[PDB]
Amino acid sequence: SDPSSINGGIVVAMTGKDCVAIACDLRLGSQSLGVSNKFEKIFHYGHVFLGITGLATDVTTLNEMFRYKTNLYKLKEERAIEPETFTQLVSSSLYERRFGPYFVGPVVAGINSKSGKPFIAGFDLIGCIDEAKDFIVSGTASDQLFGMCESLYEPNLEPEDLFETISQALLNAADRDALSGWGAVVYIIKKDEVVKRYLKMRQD
Amino acid sequence: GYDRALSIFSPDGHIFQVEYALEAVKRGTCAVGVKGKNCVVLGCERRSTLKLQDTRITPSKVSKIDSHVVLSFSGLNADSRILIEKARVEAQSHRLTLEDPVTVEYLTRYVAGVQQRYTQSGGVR
Amino acid sequence: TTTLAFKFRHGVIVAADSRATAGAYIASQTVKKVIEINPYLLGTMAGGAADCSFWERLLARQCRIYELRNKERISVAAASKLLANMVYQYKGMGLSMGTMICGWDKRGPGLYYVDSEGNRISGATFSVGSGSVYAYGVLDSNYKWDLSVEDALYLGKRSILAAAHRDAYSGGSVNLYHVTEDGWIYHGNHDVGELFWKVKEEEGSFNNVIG
Amino acid sequence: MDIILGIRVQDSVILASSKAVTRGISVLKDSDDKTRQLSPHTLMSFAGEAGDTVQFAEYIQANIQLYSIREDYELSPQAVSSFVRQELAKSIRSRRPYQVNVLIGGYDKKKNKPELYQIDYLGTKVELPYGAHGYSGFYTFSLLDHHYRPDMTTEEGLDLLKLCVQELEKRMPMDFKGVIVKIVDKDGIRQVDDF
Amino acid sequence: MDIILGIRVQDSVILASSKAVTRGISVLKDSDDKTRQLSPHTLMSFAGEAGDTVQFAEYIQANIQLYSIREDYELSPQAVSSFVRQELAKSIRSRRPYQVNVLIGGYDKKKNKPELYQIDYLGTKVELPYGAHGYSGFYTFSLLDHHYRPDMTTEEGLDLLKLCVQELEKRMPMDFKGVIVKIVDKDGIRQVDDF
Amino acid sequence: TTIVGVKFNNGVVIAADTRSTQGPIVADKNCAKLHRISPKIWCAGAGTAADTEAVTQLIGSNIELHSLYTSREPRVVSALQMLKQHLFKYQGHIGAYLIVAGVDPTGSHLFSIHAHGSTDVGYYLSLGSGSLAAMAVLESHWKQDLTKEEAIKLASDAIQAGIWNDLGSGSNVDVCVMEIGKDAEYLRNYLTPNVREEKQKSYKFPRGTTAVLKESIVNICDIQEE
Amino acid sequence: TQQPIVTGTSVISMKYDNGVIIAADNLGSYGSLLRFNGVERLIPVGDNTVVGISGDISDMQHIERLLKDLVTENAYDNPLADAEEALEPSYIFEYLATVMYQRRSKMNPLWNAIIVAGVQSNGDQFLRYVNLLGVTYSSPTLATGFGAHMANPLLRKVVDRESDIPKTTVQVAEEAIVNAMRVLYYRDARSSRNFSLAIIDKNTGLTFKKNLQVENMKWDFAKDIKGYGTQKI
Amino acid sequence: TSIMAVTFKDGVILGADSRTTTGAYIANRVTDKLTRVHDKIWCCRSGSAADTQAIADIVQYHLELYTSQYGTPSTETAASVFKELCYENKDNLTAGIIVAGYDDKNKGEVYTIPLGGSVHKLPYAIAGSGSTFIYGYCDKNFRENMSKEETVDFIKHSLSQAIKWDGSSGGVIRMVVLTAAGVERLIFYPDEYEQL
Amino acid sequence: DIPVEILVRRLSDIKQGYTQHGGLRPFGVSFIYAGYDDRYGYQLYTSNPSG
Amino acid sequence: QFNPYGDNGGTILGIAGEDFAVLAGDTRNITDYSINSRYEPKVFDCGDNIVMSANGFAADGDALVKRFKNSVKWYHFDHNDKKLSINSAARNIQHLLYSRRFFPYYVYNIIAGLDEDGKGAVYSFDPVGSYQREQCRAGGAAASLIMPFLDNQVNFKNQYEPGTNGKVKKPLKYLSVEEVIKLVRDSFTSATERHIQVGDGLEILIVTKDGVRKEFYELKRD
Ligand SMILES: *[C@@](C)(CO)[C@](*)(O)[C@H](CC(C)C)NC(=O)[C@H](Cc1ccccc1)NC(=O)[C@H](CC(C)C)NC(=O)[C@H](CCc1ccccc1)NC(=O)CN1CCOCC1
Ligand SMILES: *[C@@](C)(CO)[C@](*)(O)[C@H](CC(C)C)NC(=O)[C@H](Cc1ccccc1)NC(=O)[C@H](CC(C)C)NC(=O)[C@H](CCc1ccccc1)NC(=O)CN1CCOCC1
Ligand SMILES: *[C@@](C)(CO)[C@](*)(O)[C@H](CC(C)C)NC(=O)[C@H](Cc1ccccc1)NC(=O)[C@H](CC(C)C)NC(=O)[C@H](CCc1ccccc1)NC(=O)CN1CCOCC1
Ligand SMILES: [Cl-]
Ligand SMILES: [Mg+2]
Ligand SMILES: [Mg+2]
Ligand SMILES: [Mg+2]
Ligand SMILES: [Mg+2]
Ligand SMILES: [Mg+2]
């Protein structure tokens with residue numbers, strides 16, 4: 001019944017030293033039933049990454065919507081959109097449905113191409129921005145992720161170290177949530193290279 | 001909205017805008033239709049003033065309205081697209097509501113009705 | 001939960017997962033859903049953990065006083081019926097139990113399904129729990145009477161795995177039991193995480209999953 | 001309606017749909033075809049509330065047929081599935097949503113690959129090797145998870161489907177009156193007349 | 001449980017009861033016998049809510065068997081049916097009523113006549129040539145009203161019963177997994193092993 | 001949330017905590033609740049977080065256009081009027097509870113505003129879940145003819161009362177001072193009484209601890225030449 | 001199960017170096033009607049305990065009778081009733097807490113929130129809370145109803161933790177309590193100006209002050225407040 | 001709330017308490033419920049603070065526009081505008097308003113507008129939750145053509161009792177005197193009116 | 001990605017509309033469309049104010 | 001309508017060592033958004049080298065503990081001062097809980113001590129008596145925040161040995177009391193940051209063959 005927990009899923013983002021990381025599980029379900037183990041929740045528009053949890057139809061819809069809006073932004077501005085600017089666009093777009101909202105928990109992650117500053121942000125379903133320095137969590141195991149991130153995280157981690165921290169935060173949170181799991185992906189993002197890693201986890 | 005009466009009668013009982021529309025048809029490339037015992041053939045002229053044309057992608061003169069009906073024309077090319085689109089929509093609408101494809105006579109009657117409507121509606125030619 | 005049990009030539013197989021849930025939160029993953037009532041009687045648990053635990057432990061004490069007064073081990077049918085009558089008193093009051101009483105007695109291997117609704121059914125094959133529906137597919141397709149102990153143990157194990165994979169509220173580990181006329185035999189605790197990958201490679205199944 | 005299954009094999013997509021239509025305590029029909037051909041190489045099966053199902057399917061059919069005539073070109077199964085999803089995602093926030101779940105089976109002639117898409121009434125799309133709607137998948141997924149290979153022949157896919165249906169007929173309380181089976185491949189769409 | 005039928009012919013009573021037991025979306029069993037022998041020439045079939053059915057039948061069985069031992073005499077089907085009715089009429093105004101409907105088929109050895117009684121959970125008793133509980137009679141009564149004679153043989157009664165079951169299997173949405181059939185006559189109670 | 005507003009001799013000061021919740025969970029430990037409507041008109045917001053932002057950004061946008069149209073510096077009463085009429089129209093469904101303060105050509109002003117559109121005037125005000133803890137302090141220590149330094153102290157003391165005694169409030173104290181004839185000074189994290197202690201252990205993992213299946217480079221660049 | 005009819009609002013209290021202080025106003029409200037103006041809600045038990053009660057007044061009067069009867073019963077066959085075997089604050093509290101939890105467990109509660117304040121035999125300060133649910137807790141400061149929201153923050157500024165108790169004098173503690181009662185009069189719509197205050201000191205014993213009033217109030221600034229926004233006159 | 005308006009020889013006086021509540025919490029203890037819609041036409045507000053403010057603001061707008069076109073409006077005219085809003089939007093409002101004003105021709109006039117949106121012209125009026133407790137006192141003590149000092153004492157004593165018994169009433173007693181001489185604001189603090 | 005012709009037809013239909021209804025002046029523009037898609041490959045089109 | 005239940009917040013945590021066991025819990029007591037007490041003990045020494053903590057609805061938790069302490073007292077009287085083993089206490093507690101199956105104790109409950117082989121033991125209970133011996137368990141408001149961390153740092157879940165890449169797991173090496181107390185403090189410090197009902201103080205009870213020892217650490221008061 002609760003739209004935010006029908007399909008299940010989780011997303012987590014972290015900052016490091018001159019880098020950011022964003023990760024998600026791959027499960028799509030119909031409550032107790034597992035339907036897909038390939039439902040990726042992270043999308044990118046140029047160098048800006050967006051993770052979305054919640055109702056799967058709205059996840060798919062918002063991706064198509066922000067792809068639409070960022071493609072137009074680029075044609076007019078003659079440049080790729082930045083994370084700070086994209087974050088405001090996501091907030092604007094969600095609040096325009098204030099009284100008929102998308103049931104989602106978006107997470108933005110990226111590095112400003114000009115200043116080189118790492119950036120992450122989270123939102124509620126109606127657009128409120130949570131701009132954090134350390135980490136952002138979202139999903140059915142958000143309580144679990146808050147506990148893992150708040151204890152495992154330390155600032156100024158190197159990319160290959162950050163990878164292990166975020167991966168363990170996701171994996172162990174997902175294994176305490178019935179509606180999350182069935183695979184996982186981690187994006188490691190630097191100013192001009194992005195690596196994507198699929199994790200091996202329990203398939204139950 | 002623009003409501004101006006463009007198609008109107010003249011003292012001698014003529015609607016000039018409709019008659020001037022026939023002059024546009026006279027200017028258009030020749031189209032011919034011949035029906036045999038068990039077939040119909042539609043022939044169309046292509047003016048050779050336009051070479052360096054890409055014949056793969058250039059709009060063909062004969063248009064399929066449905067799988068069993070075709071429509072060719074003479075006159076303004078841009079105008080023909082509007083009639084063809086309407087005819088195609090109606091063809092699917094007929095299949096959808098009556099569970100039979102349109103008869104050729106029905107489709108013709110629809111297209112002809114659209115043309116007539118544009119001879120006594122305000123703001124349109 | 002997912003639990004199953006089935007009769008066959010060489011006794012009865014009993015298998016169950018180990019997950020315990022409180023909403024979406026996985027509270028435990030080390031729960032014993034098979035209770036040892038006597039060296040020849042097993043009981044499965046599904047639904048209310050507290051309910052199933054209390055009433056089946058209380059039944060085991062009824063079955064023991066029976067043995068003392070009568071100099072005879074209780075039958076599977078009598079044991080299943082004592083439970084059924086016990087829970088019937090509290091019918092409509094809120095109890096949530098889905099159990100199977102597995103054993104070997106004078107009539108050979110016995111297997112009864114008992115629930116809080118009032119049902120008490122004898123049968124050769126059962127599966128109860130949220131993941132039962134997934135397990136039935138594997139059982140029904142591969143179940144014989146002329147099944148070897150080795151193949152029968154694998155079937156019950158593979159059936160739980162099928163459910164543990166699909167059902168969100170099933171998983172953790174697989175507990176196996178084999179009941180003979182000389183009594184039940186524990187056949188270990190098997191982590192689904194490790195078991196899944198093993199089965200995938202050796203069997204070739206779960207091709208859709210990457211590993 | 002009740003059970004709709006789908007399985008993508010090596011060179012084709014197989015859709016199996018139940019035949020029963022039910023109004024209350026009475027079976028009105030036992031030979032209902034719960035499918036519409038959207039294009040020569042794209043088939044859509046469907047199930048949900050009465051009226052909504054057929055109204056939606058025929059509405060989609062009309063739109064794809066219109067596209068085909070306008071462009072003289074067949075849309076890819078992926079393009080069709082995306083169009084259908086948008087219509088359902090649009091529907092779910094409307095005054096009265098279409099209560100319909102669909103499977104779209106198609107053969108992409110460009111890539112020479114069969115494709116199967118599962119879409120529910122909310123607009124939740126997923127590409128799968130095999131899928132089901134409602135209580136169907138609950139009984140059938142364990143067998144498909146076990147037996148399915150991506151290099152299966154059409155005949156092997158049908159045998160696995162018979163096994164899935166046999167399980168449904170044993171454990172489902174409702175009598176769905178068997179299934180109509182259709183195969184979608186490079187040569188088009190055809191019905192298996194004996195199943 | 002689902003369907004229970006009864007038909008009184010010339011020299012016997014035939015009871016047909018479905019085999020399925022269902023818990024939610026799953027068929028737990030397909031060979032359930034929904035009947036208890038109350039005495040050598042009296043059989044009771046039953047259907048209603050889980051637990052209540054078997055608890056009540058076995059309670060009645062125990063009471064009639066106790067009477068038989070105490071008196072060394074078999075109660076008439078009429079006497080048994082009256083006892084059962086009183087227990088249900090007593091039950092309906094209790095804290096938690098038995099939710100059970102029964103058919104009692106018996107052969108009265110004194111009158112040399114078969115007798116069939118239909119009793120619902122309220123304690124509503126009626127003697128009939130043929131009867132049914134739940135949604136069963138809705139499908140079967142038109143055939144019985146048409147074909148039934150009181151001078152029918154047991155074999156003719158079984159053929160008419162097959163016709164009733166065939167109609168149920170065609171028009172009922174629920175699969176009840178066939179029926180167990182039992183005949184009550186002068187020689188006692190026996191089961192038709194092939195139906 | 002806890003938010004306050006206190007008037008003084010030659011101006012007005014507002015303050016707020018920095019906690020944002022989602023049930024019993026803290027979503028943000030350093031949230032910014034002090035919003036700028038115009039350069040010298042700031043408001044503190046409690047309630048539905050998105051609503052306090054959106055309603056503030058909107059009225060601030062319209063205030064800027066008004067200021068440009070009239071060639072005048074915006075007034076607090078204008079922001080107040082525009083806010084209450086907007087909130088009243090949505091009949092409480094926009095859950096914004098605001099304290100609006102500022103300086104303008106008319107002088108210094110301090111107002112509160114509720115979600116249903118009612119406004120109140122005062123020398124000291126408090127809103128949010130910690131408003132009672134804060135008002136207890138204000139009623140005990142407020143006096144007429146406060147200095148700037150006394151008012152900042154009173155305001156932050158009132159927020160602290162909410163931080164310590166209200167579970168809906170916590171972390172840091174933000175302040176904004178609006179004095180007549182001066183630029184408004186926004187004091188982000190004026191107080192930081194809730195820094196986390198050092199952890200007992202480092203949970204940095206050995207590289208190679210996590211099991212991986214696949215690796216791939218993600219193409220973020222555009223389509224290339226040649 | 002019932003609903004409260006005639007009610008009493010906040011009861012506030014705190015520990016100090018040599019004892020405890022407790023206070024409560026003299027009002028018995030009837031919904032929004034301030035019906036009864038002479039209601040005593042602090043009830044002494046011996047010379048070492050004061051029970052402060054809020055909530056339903058009919059249930060308060062019942063509890064008051066239970067306590068009076070408790071004293072009578074303790075004196076029975078007890079030569080040391082005014083000495084070693086006198087009633088302690090901890091005895092009185094546990095009895096009430098037992099009754100409150102039993103009544104909630106029968107779904108027929110005493111609709112009250114109670115604070116038991118006193119000094120034990122060994123000179124230790126006793127201050128514990130109990131309510132209609134049987135829930136109990138102790139703290140250096142305790143308050144019921146609105147006092148929990150407004151008084152506790154003010155009293156916790158004096159005694160923030162256990163180590164602040166020896167540093168707090170009776171003059172400072174009383175001053176804080178009296179200020180809190182003023183604040184509650186400003187802000188609680190079901191409060192009165194008249195209140196009672198009780199001090200239980202390990203040296204000077206029980207001091208019970210009646211007919212106290214909230215004084216030194218600030219209202220003068222109200223004259224400058226005009227309209228609700230734009231109005232000037 | 002506790003509000004009242006009383007006509008007397010030289011004009012009319014409005015009176016009110018200063019309490020606004022959210023349940024049992026006093027959200028503001030120094031509220032000004034006496035609001036001006038025209039130079040010498042004021043109103044007393046009771047009910048929803050949001051509704052009564054929105055209404056009074058709209059009325060002030062209407063009368064400001066009236067004045068620009070047709071000159072000074074009558075107190076009856078002001079009461080009619082209030083009524084029109086309160087009556088036509090009765091399903092969505094919770095406002096109990098007393099309208100009071102001074103003309104030179106009509107002198108002091110008082111109109112009360114309860115929940116339904118009906119209008120009632122009276123010599124004096126009382127309204128708000130606290131008014132219930134002083135119906136008897138006011139009926140017994142009111143006289144027509146009182147002096148300014150007599151009328152101030154009448155309102156002071158009346159609202160004193162209303163405040164005493166009603167928990168939803170309290171704070172200071174505000175008053176506004178409307179005469180030919182002009183507009184005078186009065187305030188009376190707890191220490192003054194409680195001892196009456 | 002939109003096929004080239006479909007985009008061209010849409011713009012040309014908009015131009016056509018201004019010549020048949022509305023009473024407004026047409027767009028004084030002629031386009032050369034250069035594009036690629038996987039059906040026809042590289043394509044050149046032109047449109048003029050007639051649509 | 002009268003609601004006989006309430007929520008007093010709080011969070012507890014039990015960890016079993018090789019020859020010791022700890023039971024930790026915060027000292028904060030709350031209703032809604034108010035703080036009742038910053039120091040209200042929640043973990044108790046119940047005798048026979050057993051520690052217990054039952055809470056959620058404080059009044060039901062206080063009653064259960066009070067009853068179990070009483071049960072220990074009567075176990076000595078009735079069975080010749082015999083020591084109540086941890087497994088026997090667990091089973092006894094099940095029956096205290098199920099005696100109110102139709103008007104439950106609204107609590108999370110954990111006991112800790114040593115088994116009859118001298119090894120550390122932790123038992124966990126649901127409100128109606130379902131109990132489980134475990135190595136690591138958190139209960140209460142922030143249980144979901146803490147448990148995943150303990151799965152990782154106590155049982156080494158999802159942790160493999162570098163170089164093998166997922167082929168070989170991290171071996172299950174036992175933890176010392178000093179290492180365990182670090183995990184406890186870090187668990188509660190992390191929970192205090194993200195959960196509003198957790199804070200003020202942390203009381204830890206350690207159980208060895210020598211007896212029961214206490215440790216107290218401050219937490220954030222916001
Ligand atoms: C599969 C895993 C799920 O279907 C199995 O069926 C297992 C069977 C095993 C455990 C024997 N069942 C459960 O996991 C079962 C599901 C369930 C829950 C509640 C009622 C019926 C069935 N889970 C439980 O019994 C859990 C076990 C705990 C987590 C160890 N118990 C609870 O959820 C308890 C029991 C509550 C209860 C039952 C009857 C009357 C009163 C209370 N409830 C709580 O702890 C409270 N709950 C905590 C989480 O936050 C929400 C409130
Ligand atoms: C103190 C801290 C609490 O009173 C303050 O008042 C602050 C005010 C500041 C931050 C502006 N208030 C909050 O932090 C506020 C409390 C709150 C919660 C719910 C309703 C009203 C007020 N918190 C929020 O508004 C959060 C902000 C997030 C954490 C960035 N938002 C939510 O909790 C939203 C509520 C959205 C909403 C929609 C419609 C009407 C009212 C509120 N809730 C969720 O996102 C929960 N859920 C997650 C899964 O996806 C579905 C929604
Ligand atoms: C006396 C008090 C009674 O007649 C006076 O009439 C004064 C009049 C002056 C202030 C105009 N009235 C009030 O103080 C008025 C009483 C009231 C309360 C609720 C509805 C109508 C009248 N108080 C208010 O309007 C407050 C003012 C806020 C605090 C600034 N507003 C509320 O209490 C709002 C109103 C929402 C509403 C509800 C129903 C109808 C209309 C509006 N209510 C809340 O904020 C809800 N509140 C929080 C949760 O607990 C319940 C109460
Ligand atoms: Cl107001
Ligand atoms: Mg999981
Ligand atoms: Mg699972
Ligand atoms: Mg789907
Ligand atoms: Mg008062
Ligand atoms: Mg905290």
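Labels below follow one simple rule: chain letters A, B, ... track the order of the sequence lines, proteins then strands, and each chain is numbered from 1. A fraction of the deposited model is presented, and contact counting is confined to that fraction. We read in the header that X-ray crystallography, 2.7 Å was used to get this structure. Indexing begins at 1, ligand by ligand and atom by atom, following the structure's order.
At ligand 2 one finds the drug carfilzomib (bound form). Going by contact count, the macromolecule most engaged with carfilzomib (bound form, ligand 2) is what the PDB entry calls Proteasome subunit beta type-2. Other chains near carfilzomib (bound form, ligand 2) (heavy atoms under 4.0 Å), by letter: A, F. Formally, the PDB entry designates chain A as Proteasome subunit beta type-3. The entry models a covalent bond from carfilzomib (bound form, ligand 2) to F:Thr1 OG1.
Closest UniProt active-site residue of chain F to carfilzomib (bound form, ligand 2) (heavy-atom distance, 1 Å): F:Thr1, 1 Å.
Site of carfilzomib (bound form, ligand 2) with heavy atoms closer than 4.0 Å: A:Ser4, A:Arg98, A:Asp124, A:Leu125, A:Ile126, A:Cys128, F:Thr1, F:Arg19, F:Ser20, F:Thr21, F:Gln22, F:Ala27, F:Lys33, F:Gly45, F:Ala46, F:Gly47, F:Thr48, F:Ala49, F:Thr52, F:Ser129, F:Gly168.
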